[PDB]
Trainee: 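Looking at a complex of cryptophycin 52 and Tubulin beta-3 chain here.
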Amino acid sequence: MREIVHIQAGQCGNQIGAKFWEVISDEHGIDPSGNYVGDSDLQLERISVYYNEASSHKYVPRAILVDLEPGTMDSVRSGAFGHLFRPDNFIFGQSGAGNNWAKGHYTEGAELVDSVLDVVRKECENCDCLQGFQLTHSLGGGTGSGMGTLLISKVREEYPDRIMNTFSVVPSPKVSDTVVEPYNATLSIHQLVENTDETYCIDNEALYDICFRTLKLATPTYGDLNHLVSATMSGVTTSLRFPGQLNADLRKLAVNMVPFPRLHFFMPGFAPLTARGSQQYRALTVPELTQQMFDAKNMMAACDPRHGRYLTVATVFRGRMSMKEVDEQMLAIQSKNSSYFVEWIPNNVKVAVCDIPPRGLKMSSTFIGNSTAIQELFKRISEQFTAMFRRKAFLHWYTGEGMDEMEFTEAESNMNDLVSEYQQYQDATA
Amino acid sequence: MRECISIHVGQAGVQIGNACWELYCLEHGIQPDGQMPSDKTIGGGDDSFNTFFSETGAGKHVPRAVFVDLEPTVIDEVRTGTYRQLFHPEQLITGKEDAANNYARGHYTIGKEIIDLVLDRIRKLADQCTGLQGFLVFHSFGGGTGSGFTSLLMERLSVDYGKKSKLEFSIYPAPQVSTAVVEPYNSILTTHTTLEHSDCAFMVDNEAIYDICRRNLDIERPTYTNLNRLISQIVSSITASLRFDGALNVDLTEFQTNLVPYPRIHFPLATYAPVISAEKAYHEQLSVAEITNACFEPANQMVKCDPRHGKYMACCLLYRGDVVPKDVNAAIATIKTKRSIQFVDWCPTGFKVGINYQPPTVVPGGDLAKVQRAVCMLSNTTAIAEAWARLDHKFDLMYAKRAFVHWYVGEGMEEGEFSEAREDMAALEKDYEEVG
Ligand SMILES: COc1ccc(C[C@@H]2NC(=O)/C=C\C[C@@H]([C@H](C)[C@H]3O[C@@H]3c3ccccc3)OC(=O)[C@H](CC(C)C)OC(=O)C(C)(C)CNC2=O)cc1Cl
Ligand SMILES: Nc1nc2c(ncn2[C@@H]2O[C@H](COP(=O)(O)OP(=O)(O)OP(=O)(O)O)[C@@H](O)[C@H]2O)c(=O)[nH]1
Ligand SMILES: Nc1nc2c(ncn2[C@@H]2O[C@H](COP(=O)(O)OP(=O)(O)O)[C@@H](O)[C@H]2O)c(=O)[nH]1
């Protein structure tokens with residue numbers, strides 16, 4: 001395919017995406033020194049998707065990391081595989097990016113959008129053709145939500161043709177020090193719905209819930225959850241990274257997946273839930289993967305899909321596997337759950353098969369759905385926002401920073417209309 | 001790397017500043033001849049004590065503060081007190097005639113002819129600064145100089161510097177040491193014209209300080225050296241956060257963020273616990289759990305109001321010496337006994353703690369003695385409406401029959417100002433009462 005440009009925002013983005021780069025780089029078998037270790041061509045069939053050659057025809061990841069809190073550069077260059085990146089895009093701010101919008105959205109950051117467009121165009125010059133973008137960020141704080149929406153709009157202006165994809169992390173009361181989050185989340189998704197092509201709801205509420213109620217870890221840190229999300233988003237990327245029969249692409253994924261012109265929020269899931277292990281593992285086999293793919297406590301959104309409907313479905317299986325067996329159980333799952341799925345698009349539950357095992361697990365898969373259950377998450381966020389908003393709170397910060405009340409009101413109008421749209425498409429008929 | 005400027009207005013303000021600056025000397029080991037052996041005597045600083053002392057090439061550590069008085073009766077005393085050599089050649093402000101308990105005289109007649117000099121002094125001091133956070137002004141609601149001139153100063157500052165914040169320390173004057181009867185008009189007329197240019201203001205009630213000194217200090221005659229010393233100790237304890245070194249609550253901006261939800265609600269209430277009686281050598285020992293247990297008692301707060309009737313916003317804390325955060329967590333668990341505690345539904349809760357690894361400093365030859373641990377809870381309660389209601393009762397009584405009104409009208413004020421300020425304070429107390 002054509003090349004992909006990766007964009008990384010804020011502390012959360014930098015950490016999550018650095019771990020993701022590590023995960024796939026191990027998967028594609030590339031050394032920290034850029035040395036080559038892979039033992040087959042099937043590893044480098046789609047290495048050009050991300051990695052670019054060096055002067056020594058040494059493959060280098062192509063990504064950009066953005067933030068304003070200048071303490072992140074050393075965090076980048078202190079990870080295990082951190083020094084992997086080109087010493088040209090470690091461009092950051094110098095005076096902090098306190099979690100206030102219109103500071104990174106209007107006040108500043110808008111002064112460095114020239115810098116970020118300069119760097120992204122500079123490294124897409126070496127890109128023979130452009131496929132799309134990978135913005136990783138979270139919905140809280142300026143560097144993060146505000147910069148992410150600003151970047152999305154800017155590149156949408158400059159590149160109206162290609163695709164625009166992003167990963168969303170929604171901060172939650174369960175693990176959050178600050179409290180100015182719901183304002184950030186709603187102000188973000190308002191830009192996000194109307195300005196991107198597809199987005200992944202990598203939630204924290206469901207993440208914490210499952211990690212504490214089954215994985216039962218004492219202190220969910222930026223280490224554990226970083227590992228979880230890096231693994232899952234690697235699993236999502238595999239389908240493009242691998243050659244598959246369901247030989248899907250970003251534009252193809254949009255066309256196949258996108259049901260409405262404003263409902264492009266996915267629910268990345270993973271069947272074999274995995275903590276920080278040492279040995280190979282305790283063994284898992286096919287029917288276990290079948291069951292745990294679509295359980296109630298394995299996704300990344302605190303919702304039970306049996307209370308809703310799927311617009312579409314998608315999966316990407318891993319490891320040496322019986323394709324006929326897989327098709328048999330999938331046919332049964334689409335047979336024994338007739339009401340579970342929408343009647344608007346038959347032949348929606350698509351399936352693919354991959355070969356390279358995950359670097360640590362034998363037989364796994366990667367669930368990338370598109371449900372009508374996401375209304376629960378959006379309703380949650382909007383309700384907490386308006387609870388913080390019915391009486392003013394810190395809102396003087398925003399108003400004195402540049403917004404007005406009308407922008408907040410219209411953001412809520414847009415979100416509640418979106419929830420109405422999801423409700424409507426969730427209660428269709430024949 | 002972040003400068004700070006303070007300023008003293010009025011007799012109460014200048015006396016408090018006198019009582020505070022020598023405490024500030026003591027804390028860092030600064031002495032009227034001190035040199036703080038770890039410095040180069042040429043700007044040796046940029047630590048958290050640089051925010052006040054802009055030390056010169058003479059190794060002097062001159063401060064950043066000026067004192068205001070409409071008629072020299074206390075500013076002279078600091079000019080010829082103890083730390084005489086500690087101030088510049090006539091950097092201070094001296095007048096010729098006080099506002100004499102008349103808000104109007106300082107707000108329209110006298111100060112409106114002296115203010116420009118004060119602003120020139122403030123600007124000239126600020127020029128030597130590089131990274132000023134904001135101002136910390138000391139005044140009182142009692143007289144007309146420390147009140148009318150303060151409100152006028154607020155207007156002038158907000159005109160010339162609106163971006164920067166400016167924390168406030170105020171006194172809610174009490175009948176006990178009442179040196180007038182026209183205080184309530186000044187108080188309403190100052191709180192009404194303070195909001196639009198205020199950001200966060202602390203009131204310390206001379207009723208409360210008087211009660212504390214008479215009860216738990218074994219003093220029956222609280223001069224302006226006893227209550228003054230106690231308030232200086234409280235102020236030093238509260239500002240120690242920015243003063244000594246880095247922890248919770250570094251900056252005035254951070255004060256606002258973690259304290260004030262709603263710009264019409266920005267009067268935080270400060271509580272204390274260690275009230276060491278006197279030179280009494282031996283009573284018993286002390287525990288950190290004990291002092292944090294005591295910091296909830298209504299008798300031990302800087303302003304009289306019983307908070308078992310209302311809800312808190314953000315109950316910060318500070319500590320001196322003997323770190324033990326597990327004991328602090330136990331303290332939170334204990335105070336969770338929900339007998340007299342509350343929080344507000346909308347926003348979650350945080351008991352942010354910052355530790356100073358220096359034992360609290362004490363007045364050497366004063367009514368106290370050195371201890372090892374200290375703590376001060378700045379609970380932004382909703383109960384702070386008691387003071388406003390109490391003062392509103394008296395203002396309404398006096399305005400019933402238009403008493404004393406001429407002494408304000410005949411000086412450059414209109415009759416409608418009183419009514420509109422009363423209505424505005426009514427709106428303010430409504431804004432407190434509705435939260436819940
Ligand atoms: C009702 O009173 C309350 C008071 C406090 C609390 C919890 C209290 N609150 C907050 O400030 C949370 C969001 C308000 C934003 C506001 C809305 C954004 O514009 C900010 C801004 C940033 C920089 C410059 C100018 C403006 O501020 C902050 O995030 C700042 C970060 C900066 C100052 C380092 O502080 C923190 O992040 C803290 C203090 C470490 C996070 N923690 C808390 O325990 C709860 C209640 Cl209910
Ligand atoms: N220093 C100090 N002042 C106090 C105390 N209690 C009350 N005051 C106030 O001290 C004030 C005297 O200073 P101002 O208010 O400026 O008096 P003024 O008449 O405006 O002008 P000056 O007397 O020249 O200062 C009165 O308003 C009292 O309410 C206390 O314990 N210490
Ligand atoms: N660093 C980090 N933050 C996360 C993660 N998952 C959720 N978050 C939340 O994302 C928010 C961090 O926002 P951030 O990007 O730091 O805003 P910034 O201060 O403007 O950079 C916090 O609410 C975190 O709780 C994670 O894996 N890593």
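Letters A, B, ... mirror the listed sequences (proteins, then strands); counts begin at 1. Read the numbers this way: they start at 1 and go in the same order the structure lists the ligands and their atoms. These values consider heavy atoms only, across backbone and side chains, with no hydrogens, waters or symmetry-generated copies. Partial entry shown, contacts counted within.
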Trainee: Quick one: which ligands or chains are cryptophycin 52?
Mentor: ligand 1
Trainee: Which other chains make heavy-atom contacts with cryptophycin 52 shorter than 4.0 Å?
Mentor: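 Heavy-atom contacts come from A, B.
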Trainee: Hey, which residues are hanging around cryptophycin 52 within 4.0 Å, heavy atoms only?
Mentor: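 By heavy-atom distance, that gives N99(A), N100(A), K103(A), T178(A), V179(A), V180(A), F394(A), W397(A), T257(B), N258(B), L259(B), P261(B), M313(B), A314(B), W346(B), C347(B), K352(B).
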Trainee: Which residues overlap between the UniProt GDP-binding set of chain A and the residues with a heavy atom under 4.0 Å from cryptophycin 52?
Mentor: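 Among the UniProt binders, by heavy-atom distance, it comes to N99(A).
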Trainee: Find the name attached to chain B in this entry.
Mentor: Tubulin alpha-1B chain
